[PDB]
Every structure is written in C-alpha cells, then in structure tokens.
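In this PDB entry you will find Taxol.
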Amino acid sequence: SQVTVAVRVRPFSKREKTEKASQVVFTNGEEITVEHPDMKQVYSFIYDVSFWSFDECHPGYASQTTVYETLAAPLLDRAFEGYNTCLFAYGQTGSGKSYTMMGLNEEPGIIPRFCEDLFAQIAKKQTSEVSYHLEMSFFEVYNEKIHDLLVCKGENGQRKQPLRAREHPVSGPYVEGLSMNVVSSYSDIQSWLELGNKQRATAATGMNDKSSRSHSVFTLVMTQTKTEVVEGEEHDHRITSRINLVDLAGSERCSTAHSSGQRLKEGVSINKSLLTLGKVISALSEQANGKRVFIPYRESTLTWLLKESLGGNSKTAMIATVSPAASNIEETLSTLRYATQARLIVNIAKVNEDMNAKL
Amino acid sequence: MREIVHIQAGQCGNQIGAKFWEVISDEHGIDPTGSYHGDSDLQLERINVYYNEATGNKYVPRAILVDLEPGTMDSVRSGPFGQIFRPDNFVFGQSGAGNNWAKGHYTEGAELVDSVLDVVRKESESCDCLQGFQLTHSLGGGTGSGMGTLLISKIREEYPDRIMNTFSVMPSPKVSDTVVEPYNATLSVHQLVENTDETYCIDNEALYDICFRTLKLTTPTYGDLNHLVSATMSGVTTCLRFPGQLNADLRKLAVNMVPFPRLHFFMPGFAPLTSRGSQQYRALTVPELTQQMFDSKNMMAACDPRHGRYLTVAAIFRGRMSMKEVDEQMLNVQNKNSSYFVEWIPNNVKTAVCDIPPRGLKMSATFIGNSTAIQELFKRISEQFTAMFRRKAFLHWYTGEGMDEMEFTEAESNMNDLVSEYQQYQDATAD
Amino acid sequence: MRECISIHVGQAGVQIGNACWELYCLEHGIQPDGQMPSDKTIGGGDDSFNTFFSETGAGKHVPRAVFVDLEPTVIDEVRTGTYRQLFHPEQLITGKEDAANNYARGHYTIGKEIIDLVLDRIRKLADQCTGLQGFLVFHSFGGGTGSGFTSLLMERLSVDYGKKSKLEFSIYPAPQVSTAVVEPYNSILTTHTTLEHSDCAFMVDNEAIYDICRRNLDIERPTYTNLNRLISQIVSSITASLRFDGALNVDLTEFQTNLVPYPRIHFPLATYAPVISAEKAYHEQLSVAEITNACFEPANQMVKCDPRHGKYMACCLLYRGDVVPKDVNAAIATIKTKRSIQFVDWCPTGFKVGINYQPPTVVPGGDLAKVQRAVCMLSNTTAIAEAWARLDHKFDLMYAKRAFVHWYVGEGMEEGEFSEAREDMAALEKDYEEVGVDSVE
Ligand SMILES: CC(=O)O[C@H]1C(=O)[C@@]2(C)[C@H]([C@H](OC(=O)c3ccccc3)[C@]3(O)C[C@H](OC(=O)[C@H](O)[C@@H](NC(=O)c4ccccc4)c4ccccc4)C(C)=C1C3(C)C)[C@]1(OC(C)=O)CO[C@@H]1C[C@@H]2O
Ligand SMILES: Nc1nc2c(ncn2[C@@H]2O[C@H](COP(=O)(O)OP(=O)(O)OP(=O)(O)O)[C@@H](O)[C@H]2O)c(=O)[nH]1
Ligand SMILES: Nc1nc2c(ncn2[C@@H]2O[C@H](COP(=O)(O)OP(=O)(O)O)[C@@H](O)[C@H]2O)c(=O)[nH]1
Ligand SMILES: Nc1ncnc2c1ncn2[C@@H]1O[C@H](COP(=O)(O)OP(=O)(O)O)[C@@H](O)[C@H]1O
Ligand SMILES: [Mg+2]
C-alpha cells in the first residue's frame, strides 16, 4: 500500500567529459535542485528517497548494494510473508538504466542480488518438512498487444503470436497460452533473459541506433508448500506469491525527431501506457492515505495484467534513472515530473464530525 | 471531404435506416428514384458526406445492411424509399439468430462477416477522405448485438484512427421485448466500451412517454420513434453538411464529451418537439429550446439526470440566431443548476451552430450529455443478470455454441467496474 | 513602398477577414470584382493603396492575404460568396479533416503536410514587395487550429524571416463564457511557445463585445458579424497610418517598440470609444475629451479585466479624422491628473500618440454610425495576469485527474509538455507581479 518512488543521478560518461558539457543536477541533501544554464529559472524536486552517484567522495553515495538494501530487500521480505510485489523502472536511452537493473558481470545491478538472496533464503529456510517452488514468465507489450519473449518463432518472418488477456473470477487476470518455465539456479535465469532481450522490439531513431519501443515484464511466481497435517500427509494451506519487475520504454515526445510512420504509432501507445500508469500510482498513493478512491486498471493492458500486484496487501516501488548533463536536460525533467507521484502530505484540508460518545 | 458509412443491422436498425434515409433524402432533396429536385445550391455541396454519385445524377447512398434473416430486408426493399440502396449491399444469410448473442458473434456471424468486410473496404476506399462510420443496432437480440459488435471489433482493428459511432436501442426497465436482454446487452457492453469512441444510448419507454406527454399522440407506432431517432442522427452531423458560424464535427464531440475513454455513453435529445395543435401557442426562440432540452422528460435515456451530475454537454443548434443568447442561456444552465454539474471541470458545456435549418422549422436544437446517472441502466441489467446466472436459467443455449461460464463473468465485472467508475465522480465531495 | 501581410488562421480569422476586407475595399473605393471605377474616372493616383493590395495590368487588385482553416465548411463560402473574384484562388482548403480542438492535431498530425504550401505562398507574396513586412495573424485561442497551426507558423517564420515585426489580433477566452471545454489547455500551450516568437499580440474577448454592443450600440440579439465589424474598425484605425496620410504616423515597428518594454509582457488590450448608434449619434458632441476619458473607462474595454486592480505600463492612442493635437494634450493632462488611473514609477511619459487625417467609413447594414472622428487605444497593463491566473487555475482543476489528455497523446504529445507549459506560465505571472512593484533606493 505504497509507491516508494526513487531516483538515481548517474555520473558523467567519458564522451561527455571529453566533450566537457556542464553539470546542472545538484542536491540539497535529500531535496534536489536543478539550474537551467540560462541563469533564469530554478526547479525543485522532493522524493521519499534520492540516490546520488555523481562523485564518489560525497556522503550519501548510492552504489548498487545501497540500491538493493534500500529498495529491493523489503519486496523479498514481503514476498516471504505470502503477499505479492511489483517494481518499475523508467529512463530515456542513455540515462543509465540497464546498468541499474541487470548490471554487468563485475558490477552487478538489482536483479542478481534479488535472485541470489532468493536462493540463499531458500537454502536457509527450507527443511525436510517445508519446500519452495519457483516459476518464471517473461513477456512484452507492443501497441497494447501482448507478445511472449520466451519463445522462438518459425522460420517465417514477422509472425509474432499475439496472445489474449482473460479475467479469472478468483485467481485474477492472466494471459492465455503463456509459457511458464521452471528455474532453480541463476544460470537458467541469465539464459532465459538472454533469449528474451534479443527478441525484444528495438529500432533506430535520431537519439541512438538501439532504443526500446516496447514494455517488458519479468514475472516470478513462488509457492510455499508448508502444508503438513499432524494426522498424516495432507495439505492445508499453500501460499502463492507473485514477484514482478518491469522495464518500461521512454515517453519520446514527437517534435525534435519527426516520426512519420509506424514509430509514431508505437510512441503514442507507449505514452498512453505511461500516463495511465502514473494515474494508477497516484490513486494507490491516495488509497494509502485512508481515502477511498477508484483505481482505473482496465484503462490499459500492463495494469490489467498486474491488478492483484498493486492493490490490497501488496507492495510496490519505482525507480527513475535520469541524466546529469545539460544536453539531456529536456528529456530529464520529464522523468522527474513523471515521478513526483507520491503527494504524501501537500496541503490537505480538514473537516470532521464526531460526537455522542456518551449517554 | 468528410464521409460516413452507415452499417445497419437487425430488425431495429433497418427500420431506423429506412426512416433515416427517408429524412436525409428530404434534407438533401432526393426522390425514391435517385434524382434531385432541390431548391438551393447548398443542398448538394456536401451530399457526399452520406451519399455517392452515379451516371445520370442518381446520388446513390452508402449503406451496408447486415441482417441474418431476410424478413426486414424484404420489407425494406418493397417499401417507399427501398429502391435506391445498392443491391450488392443487401447482405443476408439464413438460420436467424433467435435472440441469441452466440449466434451472431461466434459461429454463424463468422460465416457472413467476411462479405461485409469486403463491402466495407469497397465503400471506404472509394472515399477521398474518411471521418468515421456508423452502426444502428439493438441490444436485446442476436444479430444487432453479436454481428454488430464483431464488425465493430474487426473494423476498429483495421481503421483505428477513424471514428466509430454507435446508436443503440438499449433495453428498458419494465417491459422487455425479449427474455434474454441482460445477457446479450452485458456481453455486448463488454465489447462496446473498449472498442468504440462514442455511443449514444437510446430506450423506447422514454420515447413512448415523449410521444404521449409532449406530442399528445394516441397511436404511436415505431415509425414515429424512428422519426425522432432520425431527427437526432440528422442534427448530430449538420456541421459537416452545411455552413455555419461556429462549425464542428463528430471528432469534436467525441473529444470534448469523453474525458476518459470508457465513459462515452451519452443521453441524446431533440427540440422543439410540440403537439400538432399546440404550435400556435409557443414562441420558437432559444431559451425555450434550452429549457426543453435539459428537461428530463425529453431525454431518451430512461433516466432522470436529476438523480446525478452532468459531466459534459454538447448542444448543436440550427437556424438564423444569435450566439449571445446561446452563451448566456448555457451560462445560466451552468450556474442555476450547479448541483447537477461537475466542479473539477469549470465549463461543462459547448456549442455548435448551422445557419441552414431543417425543411419546415425556423430553428432546432439537439442535445448530447455524459452523466453519472446512466449507471442506473447498467446497475439494473447486472441486477437482472446475476439473478439468472446464479441459477443458470438460459445458459445452455449459449454454451451449445462455443462459450463457457467465464466470459459472462468478465462482462459482468467490467460493467460493474464501469458503474463504480461513474460513481467516483458523483458524490458531492468538498476538498 | 510599405506592405503588411495579413494571415488568418481558422474560423475566427476567416470571418474577421470577411469583415476586415469589406471595410478595406470600402475605404479605397474598390469594388468586389477587384476593379476601380474611381481610376476609370481619374486615370491615375495611388488610391489603390498598396500597403495591403497588389496591382496588375487589367485595373485589377488582389489582397496580400491568405487564409486557412483545415475546415472547408468556411472557405467554400468565400469561393462561392460575394468575394470570389477578388482573392487569389490559393486559399488552403487542405482540410480533409478538422483539428478536433486538440493542439496536437494542429501542431503535429494534421499541422504537418499543410504548412509548406503556406510558406511557399507567403514567399511568393513577399518577393512581390520591395519594402516593409508585417505578419498580422488573425487567430484564436481554445481551438486546435488557431493554437497549433499558429504556433508552428510563427515558429517557422521566426527562422525564415527573423527581424520582422509579427503581430496577432487574438481572441482571448472569456472567463465564464465559452464554446469549448478543452479550451484552456490549448491557450496555455500556445502562450508557452508564442511568448518568444511573437512581438506583440493583441487580445479581445467576446463577452466584452457582447456587453459593449448591448449597452451602447443598443442591439440585443447580435450575431458574430456585428462583433467582427468592430474589430475590423480597430484594424483599420491601426493600419491607416501606413495606408493614408496624416500629421503623425505610427508604423508597425513603433507599437512593438513603445508598448513592449520587457519582451515577455507583450500582451496588451484594446478599445474603441465611439460605438454609438445613429440614435445616440445625435445628442452627443463627440469631442476628444469624452473619448480619451471613455477609452480608459471600464465597460467599454474589449476584454473583461478591471484595470483598476492593476497599473498601466504603457498606452498608445491612434486617432482618425478632424483632430486638433491641442485637445489631445489637454486630454492626456486630464487623464494624468486623475487618481484612479495609476502608472508605473518607471514610465512617466507613458503615451504614444498617432494622428491620421481620414475619418472612418460606414458599412451598410451595420450598427455603427457616421461620425467625424474615431479613436483606438492599445494599453499595456498589469491586470490581465488575473485573467491568466483563472486559466492557470482551471488547467489545474482539469490536470490533476489527467482529463482530456488521452486525446492529446493520441496525436503524438507528451504529458510533460503540459507541466512545462504550466511552469513557463508561472514565470510570466510573476513578471506581471514584479514590475508593478514601485522601486526603492
Ligand atoms: C409548423 C410546421 O412547420 O409543421 C411542423 C409541425 O407542426 C410539428 C408538429 C412537426 C411535425 O412532426 C411530426 O409529425 C412528428 C410527430 C411525432 C413524432 C415525430 C414527428 C411534422 O410532421 C414534421 C415537419 O418537420 C419536418 O419535416 C422536418 O424536416 C423533419 N423531417 C420530417 O418531418 C420528415 C419529412 C418527410 C419524411 C420524413 C420525415 C426533420 C427533422 C430533422 C432533420 C431533418 C428533417 C414539420 C415542419 C411539421 C410537421 C409536418 C407537422 C415536428 O417535427 C419534429 C420531429 O420536430 C413535431 O414538432 C416539430 C415541429 C412541429 O411540432
Ligand atoms: N470574435 C469572434 N470570435 C470567433 C468567431 N468565430 C469563432 N470565434 C471564436 O473561436 C472559438 C472557437 O474557434 P475554433 O475552435 O478555433 O474553431 P476554428 O477557428 O475553426 O479552429 P478549429 O475548430 O480548431 O479547427 C470560440 O470560442 C469563438 O469565441 C468570430 O467570428 N468572431
Ligand atoms: N426503437 C425501435 N426498436 C425496435 C424496432 N424494432 C425492434 N426494436 C427493438 O429490437 C429489440 C429486438 O431485437 P431484434 O431487432 O429482434 O434483434 P435481432 O433479432 O438480432 O435483429 C426489441 O427490444 C425491440 O424493442 C423499431 O422499429 N424501433
Ligand atoms: N552508477 C554507475 N556506475 C558506473 N557506470 C554507470 C553508472 N550509471 C551509468 N553508467 C554508465 O552509463 C552507460 C549506460 O549505458 P546504456 O546501456 O546506454 O544505458 P541505458 O540502459 O540508459 O540505455 C553504461 O555504459 C554505464 O557504464
Ligand atoms: Mg474549426
């Protein structure tokens, strides 16, 4: 019942430092301030958490392990309590995103620490009496069509199989005909992700030869089989849990780069999904404030396939990867203005009527 | 040039089509043969918005008639104005639906739909530009619901940037003309709110009361009700068809009237409706029409809006008039009746004017509203629905043609979620 | 010679042009077929005044104006109305679809593919002038065409031509009245862009003209033409300094130099004092004092904004007819002597006067009346911020729920643009609040 928004301001690249563009993103500790190079207007931003990675010697450094121990481990702890969990990710191409979720071989990200602590606590908590099972699915969303990233298509060309969403009455919604493979060791997970990302939809526009035009969901599902009756072998209460980590595409604005084609039709749906997702997050944050409010989930696909993982006794989180430079300032604020959606205590009024607590 | 296609399904849509063309032909000056007998040159400048052309200036229409039983078609063809429609468009089959939604969406309708698509692509590609399509069906039977919704889905999957505007005769509270109305209507609403840009709900009991109280008729047959529906269809799209002072289009209505994509179910209405012996004792002016429009016993929605709040309003006027009276009277509506409107939008009203009125009236007006009250319809159907699903009354006629008990639940949950979505913007909450 | 290119965008601009060119062709003795019986009678003279018209060899004249709507319901009236033989046939019915009242259709999906023709035709108009340039863009807020296409055209003309005065005789939304409910968003996103490329954009509001036409003209059931002829008289009173002769001339540059102190506050108001009918045309002296006291009088301003809530940063005054400048000096002395007409500490001069020699004309079938002198005032204040504030309130009440945005991203826009425009709009509201402060050592 939370949003737990967060940012991450990367350090300069090598090309940027040789070209020597300006630093503009600063920090007043936790609160952030940014200063347009025209000396004209300053913009302020507050979040529940702020990660700084620009220069090492500054206190409050935000390493990869800091990211894990501050964001991810609570999701795992609440998964073990029998609830579900979701995590988001936002960033335009170049804002240091894939280095954050996946990481590198010598510099891990968030995914591997998550999965390895998963296996560790499995091998710890597990007994001869109790067990743990774990399955995976990994799919994508392109023009609001669902596609499965965990398969190889025929020798034909673009004959991608579009699947269908269906609402179960009890277990909640799901996708029809989705591969649900089994895993026990990280060597399987890396293999599956490598089959995945190479099938994801990518194109070349004015920003880079390699960008992302589709959302990508990575779902794990876990089962506690602590079901052992005293009289004999009989099962009482399995517990299912749904862990979810999604990489979202950027909200490219169609002005500097004329799209004139299918790329426009992708961008528009991508924009729509992001707007609806922010709208949902604001409503859930308000619901956490004790105020009953509607939670529009059927207005998009990525939410309708993730209803039960962002409501009730669930837990959520967001992370926003932005850039420090001035040559990527216009795409930078758009991220931060997209991640202001906590609105915890900002000028709430007060009216109350409560009496007759007596004879 | 803007161009529209009229799809026309069921035993209700085809009679409506006969009347609709019997009205638009008289507004554009066409005879049952095809020829032109008009009086003004404005009357064919934009005839292509609904019609096509021919060899000897016969001005043939654009119409696609998608029944499954030939009865309505064979009643239309041997009729007053059923001699012009392109006989390659009298599409039909056999083995009618039988007031079953499964026999129009899954098994039989698929053995006819591809022909209809081949006709639609023909009637589209021969247009210079396109603005949208139309579809008149009922909800309560098989053909108009199933076949119409399948066509909606496939057409929107083909041409999604264009508009799809559906005029639907939804069921009534008291006297149903079918026993399986809730099931069909609910399974259709599961496929209309997702795949449509604007739907204008219509009911017959409201039309009966509008024909009894206002017009003081004694023997109202369906001709008079379809006459009203045609009068609405016609004044919804004058802005594309004739000049004006503040023109409009269907996209403007579908934009301004639809804050969020789901809540596009609208209450229609027409003015000046008066008795045949009582037009002596009235003044054809703007405020009287504005009074008659927002009145509840003139709306075709079977639903007093005074039970709820107005979200957004579209009033299309016709006649040589003044815009100051329009703006002032709409202001006084926005002001004197604030509790019937929404506050997080300041301006819950827009306008549109054509300076070329109908054939025999100085002025006229048409009304479209997006309210919270229309949930009372859906809230009824669901209460009608589940009582039958909880005991599975008429289920097997729907499972014997390729279904399960899950899709019904999907439709019910979607409709109930929409009810809650409408309720979210109704209760008078103060910050 | 001098020249002023007049552009019209949308329904508002096209109808305003239908009125403005009626008035213009009435002033220069022109006939609706382009010809002139006057030169047939004379055989010479510059009466075919070429600040707006262009000559040919057949005694014919063409206006130096194009108009476009992306909505062919309008232009076909001109092509089959009274004024089809006059205009060049190059009027852009490219309106295969309407702009749907969303900035995104006017600015990207249908804005693109219709502007290169407009640029080519503007270039063909400009290469036929060896002199001044000024783009008088008659456009509108609220709508998608007058917002989008306007913002794109001024943006491109900032590049292709640069140092040339670009003006706009806009139509500002009323705070209560309107005819559209996605109206404010378009206005904000228009201001955010055209705060840079423009030089001075005038403003009117139809609620004010309604009140002005019932209170003074005494007509209670008006159309839009009876509102537009007043704006046409405003435009004529402006441009007569270039068309006709007089004692003090005020070209297009002088407005942008004498009323635009800071660049980001180039948003003045306008008014026209004698709006009396033939009945009230008698019983009244119509001197310069009555006018100059009436131009600063609320309920005769063309925008609903009490100036007394703020101060007057600058003021231009453009007269027509039998005027003795002495009376103007006396009038301005009187206006300065009063105390309910404030002024900034940093502008004691304040006024820019311009005097012509011709009176106005009288359109037949009109409501205004034959008079011996007429006036226009163009004021730059600190008051209309309040009006903008109302817009920047309404936006918020609509934006906090992301209403009417799916129709905007559905044609290629981003959410952030709304936030960027609102943030930019806040930077202006402080400027109008900053200059009103009186300096202190
Ligand atoms: C005083 C006068 O002019 O005669 C009116 C008249 O008295 C009334 C009764 C007409 C009459 O309408 C009806 O008879 C009627 C009765 C019950 C239900 C529906 C219609 C009229 O028949 C209807 C007819 O109106 C039209 O013809 C419109 O063009 C209408 N089309 C048709 O009626 C039509 C004509 C031929 C074939 C099919 C239909 C229309 C509406 C919208 C857009 C285009 C056209 C007119 C002027 C009248 C009569 C003749 C009495 C009214 O018609 C409408 C729909 O507005 C009912 O109230 C209006 C105006 C009058 O009250
Ligand atoms: N003063 C004046 N205002 C007008 C006139 N015509 C239209 N308007 C204003 O224009 C506004 C709506 O115009 P628009 O939405 O721009 O219509 P349009 O000019 O065709 O532009 P689009 O609809 O986007 O294609 C209304 O609020 C009117 O007040 C006119 O003739 N005179
Ligand atoms: N308004 C109106 N409704 C009609 C007309 N004819 C039939 N209906 C309605 O249509 C419904 C019956 O559905 P039907 O047309 O038989 O469905 P179909 O068998 O699939 O074509 C009932 O609710 C009727 O009220 C008509 O002429 N006018
Ligand atoms: N905190 C960090 N530590 C080290 N390198 C970083 C950090 N943040 C970003 N980078 C660098 O930024 C680059 C981002 O690569 P790229 O794949 O373009 O990112 P994105 O996922 O945004 O497309 C990487 O080469 C990475 O080394
Ligand atoms: Mg328009």
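So you know, we letter chains A, B, ... as the sequences are listed, proteins then strands, and number each from 1. Every number for a ligand or one of its atoms is a count from 1 in the order of the listing. Just the heavy atoms: all of them, side chains too, but no hydrogens, waters or symmetry mates, feed the values below.
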### Task
Specify the chains or ligands that represent Taxol.
ligand 1
### Message
I'm curious which chain is the main partner for Taxol in this model - what does the PDB entry call it?
### Response
Tubulin beta-2B chain
### Message
Would you mind telling me which other chains place a heavy atom less than 4.0 Å from Taxol?
### Response
B
### Query
Which residues make up the contact shell of Taxol at 4.0 Å, heavy atoms only?
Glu22(B), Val23(B), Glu27(B), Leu215(B), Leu217(B), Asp224(B), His227(B), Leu228(B), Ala231(B), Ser234(B), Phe270(B), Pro272(B), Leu273(B), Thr274(B), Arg276(B), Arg318(B), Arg359(B), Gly360(B), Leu361(B)
### Query
Which species is recorded as the source of chain B in this PDB entry?
Sus scrofa
